[PDB]
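For reference, the structure is listed below as structure tokens.
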Amino acid sequence: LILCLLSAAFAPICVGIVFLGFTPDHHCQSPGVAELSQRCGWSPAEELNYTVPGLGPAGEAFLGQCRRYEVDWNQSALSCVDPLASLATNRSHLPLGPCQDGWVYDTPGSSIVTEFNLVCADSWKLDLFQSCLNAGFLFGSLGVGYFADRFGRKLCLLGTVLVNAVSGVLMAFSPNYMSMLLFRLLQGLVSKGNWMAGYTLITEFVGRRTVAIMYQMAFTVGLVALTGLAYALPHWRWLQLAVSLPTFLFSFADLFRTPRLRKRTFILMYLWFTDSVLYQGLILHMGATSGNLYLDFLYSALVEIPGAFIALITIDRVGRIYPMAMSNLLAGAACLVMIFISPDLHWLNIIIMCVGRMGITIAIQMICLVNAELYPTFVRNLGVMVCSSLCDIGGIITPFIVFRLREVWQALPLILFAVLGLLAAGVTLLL
Ligand SMILES: CC(=O)S[C@@H]1CC2=CC(=O)CC[C@]2(C)[C@H]2CC[C@@]3(C)[C@@H](CC[C@@]34CCC(=O)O4)[C@H]12
């Protein structure tokens, strides 16, 4: 089943930013600190205490993660217990320039942020890393549909798979960030078409629910394997190469005219947008907040595992519309409750994250079926395409809010996610 391997390889494409683009605890690389360490060999914690500016009173880490001290280190370094105290009575009196000579990242491995220096003023480029993938996804969803009839349904599939694998492998060897983003764009252009084509072949050729749920199980197995490889392979180059190698070695007005289809299209577009935003934002919040990233990701994948089974059980008996509202409300409520969790608690945090991700899983399981079943035979493809288009729009928007509102308030992305989740739960009762 090479299609299961394709699904597994798709998982680190849409989600692997968590393990490739992780942000270590960095600070300005100040020359002369090595000389002071040679003069007296303090611990690295003492190095950060005596060199890096302290965190802000309101938990602002910007003053230490992106600023240095102008006090000379080569000279006037007689004091070692507290060199900054001798220079000035108050730490704030000393000049605080920018990271002129780079950064020092406190991880043994390597990351896209560590490699291309996507920190401080460039911290939005890590957002651009995922936004380019999702803009890819969108433009590729248009282009592959346009080009399928040009070269057939098999030559085009083979070409797109080859371009995906080659783009990933060349991504592992990207010299600068511009080539990185270009390969992300190409991979996004081809990869969504690859996944959708694989799903279509695994559904139609067999002659339905079982192969589909096995396909999402393949995706979750790919997520688990991504966690394992990220644990085994720290450097992002190694992880990207070892993820790309498997798959390499093997009308528009017909949905809006009548009020009946217009309202249903609006609801489905909003549901796709909201749940895509919730899923990607929850994953990114995990990446940017949890200090147990590997185990938290493994637990969330292992909770995605029974979410599909729960959805399959519910759709047989409960229905489709009713469990969608419950799952969306569960995700929104989990996001809302995580705001009030104290930083000391971690077990409750991961439990609530698992509940929210299970809710998102079940919600997406009913979204696929309801999207399929709410359109006529001729307009079903157009409806699915436009709904996935809004899904990709939400995917574009998600990084630029998840990683940018945290700079203003770490609980603001969670507030927005809760509002979106409860609004979607209320909305999906109108179908
Ligand atoms: C980031 C996302 O939005 S989800 C992720 C990406 C995606 C977008 C598409 O529309 C095309 C296909 C995919 C790959 C989804 C496939 C189905 C996935 C695996 C979903 C994650 C949750 C779900 C439903 C429940 C389950 O068992 O897995 C996949």
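Position 1 is the first residue of the sequence; numbering continues from there. Looks like electron microscopy, 3.0 Å, at least that's what the header says. For ligands, and for the atoms within them, numbers begin at 1 and follow the listed sequence.
- The molecule at ligand 1 is the drug named spironolactone.
- Structurally, the main neighbour of spironolactone (ligand 1) is the chain that UniProt identifies as Solute carrier family 22 member 1.
- Of the transmembrane segments UniProt lists for chain A, counted from the N terminus, those with a heavy atom under 4.0 Å from spironolactone (ligand 1) are 1, 4, 5, 7, 8, 10.
- The contact residues of spironolactone (ligand 1), taking heavy atoms under 4.0 Å, are given as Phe10, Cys14, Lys192, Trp195, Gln216, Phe219, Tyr279, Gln280, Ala308, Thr361, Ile364, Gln365.
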